[PDB]
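Here is how names work: the chains are called A, B, and so on, in the same order as the sequence lines, proteins then strands, and each is numbered from 1.
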Amino acid sequence: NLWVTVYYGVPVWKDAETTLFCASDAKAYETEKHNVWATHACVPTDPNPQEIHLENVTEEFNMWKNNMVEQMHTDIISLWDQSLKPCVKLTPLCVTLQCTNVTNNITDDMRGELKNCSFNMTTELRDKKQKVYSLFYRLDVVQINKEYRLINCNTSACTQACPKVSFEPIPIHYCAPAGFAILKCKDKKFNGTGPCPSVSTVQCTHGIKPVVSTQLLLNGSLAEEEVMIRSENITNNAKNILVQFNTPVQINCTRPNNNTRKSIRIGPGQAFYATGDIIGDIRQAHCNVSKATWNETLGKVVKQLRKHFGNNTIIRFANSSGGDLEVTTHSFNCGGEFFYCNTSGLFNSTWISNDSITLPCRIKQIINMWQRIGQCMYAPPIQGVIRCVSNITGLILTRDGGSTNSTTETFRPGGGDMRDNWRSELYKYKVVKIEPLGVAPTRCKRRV
Amino acid sequence: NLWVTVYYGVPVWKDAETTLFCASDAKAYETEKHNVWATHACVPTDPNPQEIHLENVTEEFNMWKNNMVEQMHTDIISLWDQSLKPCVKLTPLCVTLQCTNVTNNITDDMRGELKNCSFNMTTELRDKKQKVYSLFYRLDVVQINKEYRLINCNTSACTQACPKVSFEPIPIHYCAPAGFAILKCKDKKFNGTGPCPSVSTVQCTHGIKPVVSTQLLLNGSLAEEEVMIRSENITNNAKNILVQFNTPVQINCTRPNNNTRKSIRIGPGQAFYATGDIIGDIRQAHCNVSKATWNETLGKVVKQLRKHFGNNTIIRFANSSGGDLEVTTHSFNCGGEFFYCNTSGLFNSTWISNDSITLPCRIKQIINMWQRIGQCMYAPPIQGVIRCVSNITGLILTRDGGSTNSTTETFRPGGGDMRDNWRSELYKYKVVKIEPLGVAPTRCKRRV
Amino acid sequence: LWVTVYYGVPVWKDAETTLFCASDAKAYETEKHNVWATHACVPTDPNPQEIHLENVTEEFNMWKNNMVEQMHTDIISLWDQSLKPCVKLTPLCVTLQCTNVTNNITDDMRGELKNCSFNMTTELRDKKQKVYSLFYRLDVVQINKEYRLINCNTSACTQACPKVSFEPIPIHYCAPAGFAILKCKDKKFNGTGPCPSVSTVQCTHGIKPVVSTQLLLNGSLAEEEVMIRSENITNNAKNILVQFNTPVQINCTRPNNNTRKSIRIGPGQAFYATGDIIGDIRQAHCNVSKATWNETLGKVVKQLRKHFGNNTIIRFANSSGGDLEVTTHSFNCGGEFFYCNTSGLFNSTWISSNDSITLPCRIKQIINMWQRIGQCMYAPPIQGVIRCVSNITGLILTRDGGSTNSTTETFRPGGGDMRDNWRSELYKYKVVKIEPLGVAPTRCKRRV
Amino acid sequence: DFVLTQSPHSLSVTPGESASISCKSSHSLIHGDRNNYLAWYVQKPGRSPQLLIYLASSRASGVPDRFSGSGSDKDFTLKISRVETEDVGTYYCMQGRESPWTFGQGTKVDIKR
Amino acid sequence: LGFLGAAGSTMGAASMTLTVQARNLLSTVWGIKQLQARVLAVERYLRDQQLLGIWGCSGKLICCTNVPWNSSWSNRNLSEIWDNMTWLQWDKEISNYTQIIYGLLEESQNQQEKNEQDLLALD
Amino acid sequence: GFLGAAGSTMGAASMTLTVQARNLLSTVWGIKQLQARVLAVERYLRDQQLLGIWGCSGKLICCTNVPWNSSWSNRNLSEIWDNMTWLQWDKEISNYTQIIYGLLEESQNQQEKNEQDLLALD
Amino acid sequence: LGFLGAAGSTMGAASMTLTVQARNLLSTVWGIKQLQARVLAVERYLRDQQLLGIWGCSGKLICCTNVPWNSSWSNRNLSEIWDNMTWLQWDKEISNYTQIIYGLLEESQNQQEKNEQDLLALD
Amino acid sequence: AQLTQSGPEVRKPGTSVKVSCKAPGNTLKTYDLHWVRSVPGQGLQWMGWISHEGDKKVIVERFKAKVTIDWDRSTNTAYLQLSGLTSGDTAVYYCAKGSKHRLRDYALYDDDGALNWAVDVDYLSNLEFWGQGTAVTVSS
Ligand SMILES: *[C@@H]1O[C@H](CO)[C@@H](O[C@@H]2O[C@H](CO)[C@@H](O[C@@H]3O[C@H](CO)[C@@H](O)[C@H](O)[C@@H]3O)[C@H](O)[C@H]2NC(C)=O)[C@H](O)[C@H]1NC(C)=O
Ligand SMILES: *[C@@H]1O[C@H](CO)[C@@H](O[C@@H]2O[C@H](CO)[C@@H](O)[C@H](O)[C@H]2NC(C)=O)[C@H](O)[C@H]1NC(C)=O
Ligand SMILES: *[C@@H]1O[C@H](CO)[C@@H](O)[C@H](O)[C@H]1NC(C)=O
């Protein structure tokens with residue numbers, strides 16, 4: 001004698017994919033700073049968090065199949081483009097350039113690194129001449145024959161970045177629609193997959209900074225109580241390893257040259273910002289890292305790889321295997337200037353079981369972001385000297401070699417994907433759909 | 001004794017902000033002339049809008065903080081931008097011009113107002129060029145250092161106003177969405193703020209003409225009993241005064257020249273409409289106002305301005321204080337031409353305890369409209385003579401000075417802000433949201 | 001007898017709504033985008049769920065059907081959307097210098113191809129290149145040995161993206177929730193009136209957006225008899241639709257082995273010219289079989305006399321002329337556009353075998369598709385020989401009409417508006433709107 | 001291109017013989033490939049000058065085909081075949097490559113006896 | 001069986017399967033017109049429920065009320081309807097008076113929702 | 001008419017509830033439509049959902065098992081239902097609304113389990 | 001005590017908080033996101049509401065039904081269910097048998113609607 | 001065919017001289033205008049030219065201080081103006097008409113192939129028509 005009773009509002013959820021919506025704080029919203037990740041879209045965020053802890057609850061996570069990371073990738077790309085739409089398009093810059101080396105005050109380290117180029121142009125009127133010049137970096141010009149052209153001419157014409165917009169990452173919060181929930185894993189020992197005994201639910205995620213980097217994760221969130229190593233198929237060789245630090249390593253970067261701007265007029269109401277001329281002497285850009293606090297950190301990373309790779313295996317670190325400058329170098333931008341720096345000084349050692357390091361960097365102004373083809377961007381020059389300081393919170397590593405069962409392991413820096421930079425933040429979160437109807441047996445009957 | 005009871009459908013409301021939508025006069029549907037701010041794509045209005053009276057209910061109004069005016073201002077600009085997305089862009093016109101005076105048969109007052117310019121323009125074949133000429137008003141050209149250029153070539157490229165689209169102000173009705181309601185203040189002596197002891201409810205507002213003008217409100221709706229003076233704070237000089245006439249005074253305008261429109265083809269499927277020549281004598285454009293009627297309307301306004309500043313204070317009228325043409329002159333357009341008239345002959349008097357006033361006017365073809373910089377429009381010429389008759393129904397004034405006492409007040413025209421114009425129509429409306437859930441005490445108790 | 005209230009009754013009435021597309025998921029495996037936007041179209045059901053309706057005798061009408069009007073706008077809108085990311089050939093409107101091709105030519109093709117050379121732009125703004133391309137006679141016009149492309153005095157064409165395909169794919173039309181699509185199943189339905197065999201479907205059968213003229217290709221066949229359908233059968237200003245009960249194959253080919261050539265006209269965008277022709281140059285044509293075509297006309301006449309009398313003489317003629325877009329059989333064969341002289345088919349008089357009929361066809365590269373003037377498309381050439389085989393399943397006819405005579409009826413091919421094509425597929429279907437509420441007497445009463 | 005020099009200052013030729021006069025150019029004088037801008041004139045005593053050869057090989061209308069010119073890119077020469085009494089005069093080579101345009105110094109021809 | 005499958009069955013037999021219909025009433029070229037359809041379906045669906053909610057039938061597929069039948073609408077007997085007709089053609093016959101019947105059902109409801117609560121406020 | 005009794009007394013308006021209830025639902029101008037419509041439907045459903053958990057769910061007038069706290073208001077029924085107005089009533093009791101709304105939720109659940117326990121004993 | 005908080009507690013203790021979960025089921029081309037999302041929310045809530053409405057449970061959070069509990073579905077004693085089990089466990093045991101159950105709930109309802117109408121007509 | 005010049009001149013120092021050179025009717029209007037100087041033993045020298053289009057006009061910097069050329073288009077009259085004469089300015093002045101080649105040695109084009117601006121350079125092809133002379137004699 002048992003009859004079906006139907007309940008509405010039961011706490012049951014199921015894995016699902018849905019379109020999250022962005023939220024942001026009001027500091028930039030109140031004054032219209034116009035960041036690339038503009039607040040015009042994201043709604044004002046809640047005045048305070050409303051997280052709820054769930055006792056007795058166990059849930060199965062997987063950081064590597066998360067739909068959140070894919071939905072963040074597309075939106076970051078889309079928000080980037082819509083910011084570049086109104087800006088002037090530098091189609092008239094594809095002419096023949098006549099360039100000569102700058103010889104005034106040059107450090108031997110960068111003989112012939114930037115050039116003094118001149119070319120014909122029109123003024124604000126269609127039918128009047130104008131001859132202009134500008135300094136260009138050697139990576140942006142390719143010889144055609146002492147005649148050159150910009151690297152991008154034979155593929156596409158790309159848009160100058162509007163001077164009043166900024167690339168600085170402001171945190172953006174990802175909040176779930178009605179009928180859905182976000183489960184956050186609070187386990188300190190989590191390895192990115194398997195059950196999480198300390199689940200809790202939150203209205204929506206913490207502030208995430210959309211930083212762009214390679215071979216090193218900058219301005220991120222630190223692990224707790226121990227360095228963490230996350231990989232899905234650790235015994236592979238085509239699977240990257242994500243390392244998260246428990247204490248930052250500080251990196252300082254600078255571009256000592258004192259550059260000067262020059263606003264050229266090309267067409268009605270359009271301007272081109274040339275590099276003018278440099279005050280002082282030309283020197284190499286570089287970044288600094290502490291020799292003591294960096295090899296005190298590699299000693300903590302190795303002691304975790306010793307777990308996955310034997311108690312007496314001899315580890316080894318080496319520089320990038322090769323490829324394009326965007327993948328073999330620690331790329332980033334600070335102060336609106338794009339850096340491509342040589343990390344061969346850091347990944348060089350063997351572990352057998354002040355003297356701050358300097359990394360020389362090269363600058364560029366023709367930018368191909370998101371690994372797309374046929375679409376670049378031109379970075380206007382920045383007045384004065386620029387400097388920046390940032391945390392280092394993680395590495396992207398790629399193993400190689402299978403010649404022996406276990407004698408040594410050689411690790412090199414990665415950079416073959418961009419979602420890796422955001423799987424380091426969205427690893428605690430997952431989205432679930434709520435199914436509130438349930439039927440259970442109990443002794444009851446419909447009277448009458 | 002008393003148990004709570006919940007009622008669904010109680011009449012109650014609260015002030016709110018919402019997105020209203022346009023409704024169009026059905027009798028204009030059949031025209032299909034595709035004017036700006038399309039009255040098509042609106043929801044056709046029913047033939048008998050329903051007004052509902054609300055007996056002995058009193059409501060607070062505030063026309064200055066009303067949000068409806070902000071939406072209308074944002075809508076009209078949005079409609080204006082779309083209306084000239086598709087058709088021609090005058091980038092090729094930014095070349096050097098060779099101009100000379102025109103003096104064939106000209107009046108003494110129009111001695112040097114328009115010029116005859118020649119330029120080498122492109123043909124529909126990209127590889128050929130043709131020499132053409134056109135007449136330009138002196139306000140639309142500037143010397144480069146007899147070589148001229150269009151005023152805008154160093155600021156932006158103008159879009160040619162689209163020849164088959166009309167600028168006429170067709171009336172627009174604003175409707176509220178379901179769940180919201182519009183209230184109308186029926187009181188006749190309402191000064192814009194405070195209690196309104198007579199209110200009513202309407203589905204949608206009356207027809208509002210989006211007329212664009214400065215220093216005089218044209219084709220507007222009249223008052224019912226008396227000339228009304230309105231302002232936020234009369235004791236502040238820096239805030240405008242709005243006047244609403246009880247009767248109209250006619251203003252007749254005309255450009256008495258016989259213009260000829262000449263098509264020039266500058267590319268495949270694109271044409272530039274130039275002004276060819278004048279068939280007859282060249283005369284100044286002007287507007288007329290009845291001297292005997294303006295002399296008495298200002299009599300009332302002083303009579304209604306004595307209620308604020310005293311029975312005895314001397315009240316004076318002076319022409320525009322100073323500024324650029326858009327604000328310092330009475331601007332409008334009839335047919336397709338944009339007039340900038342000199343109102344120094346209307347505001348000329350001093351008041352102490354059959355003829356016509358003929359205001360000279362000038363014409364422009366490069367128009368900026370909504371006080372934007374970098375966005376421009378070009379208005380092509382119109383064939384033949386153009387004449388227009390219109391009401392005048394309000395003034396926008398600003399008082400000044402005052403030192404140690406109110407001994408002689410003076411007023412001047414102003415009002416370059418375009419949203420003060422519509423505030424004179426939407427001063428009787430407000431939007432509220434319904435809250436149909438109410439709880440009240442009653443003896444009644446649920447059965448079980 | 002008290003009023004009852006029923007919800008969910010099976011009642012419906014006619015009304016118009018926005019149907020949405022549904023396409024086979026199996027087509028996603030092709031991976032290649034097409035004009036008809038399979039990705040935008042909703043995925044279709046695994047299999048239809050057609051339901052038969054006994055006792056039902058719905059009334060149908062094929063001529064005043066809102067479904068066909070919707071398909072017309074959808075097809076045009078999809079077409080325009082696909083050409084946005086392609087190249088705008090503005091720099092192609094330049095003077096051409098052309099000479100006849102006389103290298104290994106046949107008599108019939110003499111003068112139909114031209115060898116044109118011209119200056120053209122390149123990736124750098126201050127250089128030009130001299131190139132040549134073969135152009136068909138129909139595409140160029142003279143400037144009185146100098147030529148130009150025909151479209152240059154109307155508008156600029158958009159080059160078709162070389163990757164997309166013009167190949168039709170079936171699209172299903174589906175009704176939204178609360179609406180239904182009724183389907184007729186009478187085997188002798190003449191397009192209007194009762195349909196004693198109605199049924200309802202979730203979506204229509206797969207319909208191919210084929211574009212043709214004077215002959216319907218790749219369509220649906222009738223059953224057991226050739227069906228004739230028209231609106232006002234004794235009206236000379238009305239078209240007549242004939243649907244075959246069996247198909248007659250038409251083989252079409254372009255024997256020339258021509259080669260595509262790429263020219264760079266700007267940064268990142270290229271123009272596809274015709275390079276040369278290998279071997280002899282011959283004429284394109286289409287074939288039909290005399291034995292099978294003739295018997296089809298004999299079946300077509302039989303049903304025509306049933307309307308126009310048994311004793312009436314009937315004739316077929318070759319159309320009264322017009323432009324090639326309407327006076328010829330026009331269709332698309334593997335990315336190349338044909339225009340065939342159909343005079344060989346419609347030539348007979350009726351009074352009551354391995355052979356062929358060859359139809360000489362011309363080819364065209366500048367296309368105005370939907371009878372618009374202002375939008376043109378440039379179809380790039382195709383490498384090698386091409387061939388097509390297709391059903392003929394219909395026929396569009398017009399009647400000349402006798403004046404004071406009745407003993408001879410002469411018909412000609414027409415083509416009308418393009419939407420006459422899809423009336424041959426959507427005649428069976430109509431959209432209805434459900435009405436689930438009803439009231440009826442019963443013995444019931446409410447208690448208390 | 002500034003200065004042009006002709007090698008023989010005086011020339012004596014027996015009737016029925018051929019004649020040869022060479023003009024030397026300081027700079028290229030060639031625009032590109034096919035075009036060379038050199039011309040040859042004659043000023044018979046007490047008369048106005050006359051045009052004989054232009055573009056360094058082309059012969060003017062009305063000039064008997066006995067006058068033939070050849071040369072390119074800083075080497076030119078004018079040949080007359082079977083000279084006659086009326087060939088006495090003075091010959092100037094002119095360059096049209098760059099402004100200001102200049103004449104040669106002049107070669108003087110006389111019938112031999 | 002089947003959606004609208006009873007359209008040709010009799011009025012008395014087609015009323016036994018009302019659930020199949022009601023359950024089927026709410027089940028960038030083609031990206032913006034799609035949404036303009038989905039919202040309309042919900043808009044119509046709530047129109048019916050609201051009407052049923054003000055006649056007291058807010059949760060039933062069959063509902064009876066205290067509004068007397070008027071022969072001036074249709075005087076025919078059950079010997080002439082309910083077993084020899086179809087819902088498709090009854091709509092045609094009774095359509096002329098629907099605007100009225102829907103109105104009586106409203107006042108006949110507040111006529112009940114007050115007298116009911118008047119008993120709880122007294123006893 | 002619609003809102004045609006906003007100035008009448010509370011008792012007088014109580015018989016005009018239906019006129020309000022019927023009116024609670026149903027390119028620049030184009031994008032305005034979609035925003036307005038989806039705002040109206042969502043507002044309508046919140047009232048229906050909220051009015052449903054309280055146990056009424058189909059009714060415009062509905063009694064409840066929650067007594068009236070004197071602190072919310074003390075005035076008599078001869079001083080409310082015949083001399084106040086709903087627009088005036090919302091002014092008297094505004095702060096308490098969200099507190100009262102939290103009571104009816106619990107009162108109903110007790111009924112739901114009680115009229116379910118009072119069915120299991122059979 | 002908050003939203004979804006009783007997900008890890010006994011089944012009987014979890015049903016005391018149905019209202020907390022019940023309240024939260026509902027609340028330029030780039031921004032069509034914030035419109036696609038909301039329309040979806042509305043039509044998901046209406047799907048559950050309709051599914052209850054055609055079971056007889058119009059506005060009831062804990063609704064009884066006359067459908068017998070087939071023992072093949074689950075064999076537990078009521079103490080094994082309502083005392084020492086969680087709703088996220090029960091979902092695992094009945095998932096296969098869920099779809100059929102909604103049928104029996106729907107079959108039993110219109111029978112009562114037809115029956116009660118007949119009994120009223122018997123008056 | 002031929003051109004006809006004004007007769008000989010004899011002017012004292014310091015003064016100015018105008019020389020005319022006219023073509024039969026309007027038989028030569030598509031040929032450019034050139035001036036040449038002859039001094040016995042000094043050879044032929046080039047002074048200046050005017051393009052038939054009227055877009056160019058130059059004079060060698062040696063003579064540019066005093067000499068000036070005019071072309072009355074309506075009457076087809078060519079004038080050579082000499083001022084500040086000296087004993088070394090005695091010469092014989094010829095007028096010539098010849099052809100030229102105009103070649104676009106550089107050009108900057110728009111996005112759609114339209115021309116913004118270009119530099120066309122004039123090269124001299126031949127001097128094919130000649131005058132008779134004007135024996136200007138400078139003496140006390
Ligand atoms: C099918 O097409 C035929 C035409 O081929 C239509 O018949 C035409 O109908 C019009 C309108 O009724 C007739 O005009 C009237 O005719 C008489 C002349 O004595 C007179 O009453 C009026 O003054 C008027 O002109 C017209 O004569 C007639 N034509 C023929 C040839 O009969 C017919 O209406 C179409 N059918 C349908 C259903 O639309
Ligand atoms: C983890 O990575 C290893 C590779 O190092 C995978 O092992 C291989 O799996 C494939 C597929 O079954 C076999 O064909 C190979 O023989 C395996 N190689 C070895 C050395 O065992 C392993 O499958 C991966 N694990 C997962 C779960 O994907
Ligand atoms: C992560 O933890 C899970 C659960 O214990 C385990 O199965 C897995 O092997 C661990 N490591 C990796 C690399 O997945």
*Asks:* Which compound out of PGT121, PGDM1400, MEDI8897 appears at chains D and H?
*Replies:*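 It is PGDM1400.
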*Asks:* Help me out: which chain holds the greatest share of contacts with PGDM1400, per the PDB entry?
*Replies:*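 Most heavy-atom pairs under 4.5 Å are with HIV-1 BG505 DS-SOSIP gp120.
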*Asks:* Counting heavy atoms under 4.5 Å, which other chains neighbour PGDM1400?
*Replies:*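 Going by non-hydrogen atoms, A, B, C.
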*Asks:* Provide the epitope of PGDM1400 on chain C as residue numbers, heavy-atom cut-off 4.5 Å.
*Replies:*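 Sure - with heavy atoms under 4.5 Å, it's C:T90, C:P91, C:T121, C:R125, C:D126, C:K128.
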*Asks:* Which antibody residues in PGDM1400 have a heavy atom within 4.5 Å of a heavy atom of chain C?
*Replies:*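 Within 4.5 Å, heavy atoms: H:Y106, H:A107, H:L108, H:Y109, H:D110, H:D111, H:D112, H:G113, H:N116.
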*Asks:* Does the entry name an organism for chain C, and if so, which one?
*Replies:*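 The PDB entry says Human immunodeficiency virus 1.
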*Asks:* I'm curious what the deposit calls chain D - any idea?
*Replies:*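 The entry uses the name PGDM1400 light chain.
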